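Each chain gets a letter, A, B and so on, in the order the sequences are listed, and its residues count up from 1. Every number for a ligand or one of its atoms is a count from 1 in the order of the listing.
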Number of protein chains: 4
Amino acid sequence: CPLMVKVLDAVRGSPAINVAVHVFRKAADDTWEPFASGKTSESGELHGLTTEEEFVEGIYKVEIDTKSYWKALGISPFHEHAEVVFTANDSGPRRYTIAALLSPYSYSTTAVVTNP
Amino acid sequence: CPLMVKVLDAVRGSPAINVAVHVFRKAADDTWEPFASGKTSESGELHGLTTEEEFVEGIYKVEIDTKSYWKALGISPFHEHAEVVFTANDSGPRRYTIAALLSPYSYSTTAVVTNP
Amino acid sequence: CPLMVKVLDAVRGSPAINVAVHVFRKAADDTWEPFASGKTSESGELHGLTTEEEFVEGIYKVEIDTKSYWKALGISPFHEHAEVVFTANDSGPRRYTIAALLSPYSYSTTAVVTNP
Amino acid sequence: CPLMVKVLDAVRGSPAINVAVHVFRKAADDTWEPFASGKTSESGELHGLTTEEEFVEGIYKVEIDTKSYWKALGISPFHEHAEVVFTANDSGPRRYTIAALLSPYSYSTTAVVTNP
Ligand SMILES: Cc1ccc(C(=O)c2cc(O)c(O)c([N+](=O)[O-])c2)cc1
Ligand SMILES: Cc1ccc(C(=O)c2cc(O)c(O)c([N+](=O)[O-])c2)cc1
């Protein structure tokens, strides 16, 4: 439950379905190690990336392949991707929802962080 | 130049040009009194709505005709308009820029408030 | 299920809890008739406002009392409220989520509209 | 003036002043090559990063040091930075304005791309 990614389309007012998402964690030697990946479901959500026990303190990067999503709709968007980089679990375990709202020339992202 | 409105298009990545904007001030009977109006320029900006002397404290409404903008582009919009309601000049005269970033099914608005 | 309102706080990265929401529908004589109201729960969501059968075609207004939310946190925000006005069910019944992401001097809103 | 970056603060309702911004171009080996850098002015804008001749087609990254900005304000931020990655000049030279609207737990970015 501790990391969920949600992607919405601001053109159609819909979930953004089948969007690829890759998560990385920064290693002690400062490289980015692959951590998890998946694609958004029919609801625009990607669940099941990690576990409380695996999701230790660290700096995480979430890269959302927004360009492929728009190109499959015939659009050449501005951004190559949307990346979110954040320190997690620095004050103890938390649940993180990373949400992204997509348009061809803009995106917004927010974090909802809760303490279970 | 105490009040400026700027409108941007997140689909095209451009200013939102020729968008109609109406400004109201709340009357004592809580109805909306017409104040100023205009259309955005080629830069997406609308200047010259009021003066220092006329822009006194009060609650103001800015209505942006987003639906007409998207219809003119042949794109289906969700909202009937975008309205921004705010109390002006609470703590001395300010310069206000009201910016709106438009997508068909979402919009954002921010205020940039600087002290002359 | 057909109308849900969700409110998030972009300062704390959290649901916006206990936010008052009033919904209105435009009558045939062009006045706004109260339709439903409620406040957001612990998850930032407000469920149970209406039913498929009551939620007929029409122009609806959702007014979110963002100013009281910020004032209870000690903040004097820019906006008096966040209002969302939209035509619903014009092409047949749909489910609508109206989401608002709040900051003291900005807000975003999106609609997620699905066909059940 | 082909590239300008503008940063705004959604908490204060102001330009985000003195924000560090670094621009990179993707090298043939897929590493990021340093390109230009600066800090936002009192208007929240950063001008003068490049020239027409130097800003050739390529994939560019703009990294905005949002975490340092919020720490300087004494406000806890979520993100380590905000990055914008885009392919420039695909269809002839453009003027790009990259705007970012910052909150502690959310940010938005849009591109305003106009043709000289
Ligand atoms: C909510 C929101 C988000 C992004 C923009 C936005 O992209 C923008 C672009 C500009 O060139 C500009 O000059 C301003 N402004 O000063 O307010 C805003 C405008 C509104
Ligand atoms: C304008 C805007 C941008 C981002 C969010 C947003 O972060 C968000 C988060 C959720 O968990 C969620 O379920 C939804 N939703 O379905 O609408 C939106 C909400 C509003």
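As PDB records put it, the drug at ligand 2 is tolcapone. Structurally, the greatest contact with tolcapone (ligand 2) is made by what the PDB entry calls transthyretin. Other chains in heavy-atom range of tolcapone (ligand 2) (under 4.0 Å): A, C. One option in C:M4, C:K6, A:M4, A:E45 has a heavy atom closer to atom 12 (C) of tolcapone (ligand 2) than any other, and that option is C:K6. Listed by number with element, the atoms of tolcapone (ligand 2) under 4.0 Å from a non-hydrogen atom of C:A99 are 17 (O), 19 (C), 20 (C).
Interface of C:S108 with tolcapone (ligand 2), defined as ligand atoms under 4.0 Å from a residue heavy atom, comprises 1 (C). Residue A:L8 has at least one heavy-atom neighbour below 4.0 Å for each of these atoms of tolcapone (ligand 2): 15 (N), 17 (O). The closest protein non-hydrogen atom to atom 7 (O) of tolcapone (ligand 2) is A:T110 CG2, 2.6 Å. The heavy atom nearest to atom 3 (C) of tolcapone (ligand 2), out of those in A:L101, A:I98, C:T97, is found in A:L101.
Assignment of A:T109 to the shell around tolcapone (ligand 2) is not supported, since no heavy atom sits closer than 4.0 Å.
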Mind listing the N or O contacts between tolcapone (ligand 2) and protein, cut-off under 3.5 Å?
{"unit_1": "tolcapone (ligand 2)", "atom_1": "11 (O)", "unit_2": "C:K6", "atom_2": "NZ", "d": "3.2"}
{"unit_1": "tolcapone (ligand 2)", "atom_1": "13 (O)", "unit_2": "A:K6", "atom_2": "NZ", "d": "2.6"}
{"unit_1": "tolcapone (ligand 2)", "atom_1": "13 (O)", "unit_2": "C:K6", "atom_2": "NZ", "d": "3.0"}
{"unit_1": "tolcapone (ligand 2)", "atom_1": "16 (O)", "unit_2": "A:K6", "atom_2": "NZ", "d": "3.1"}

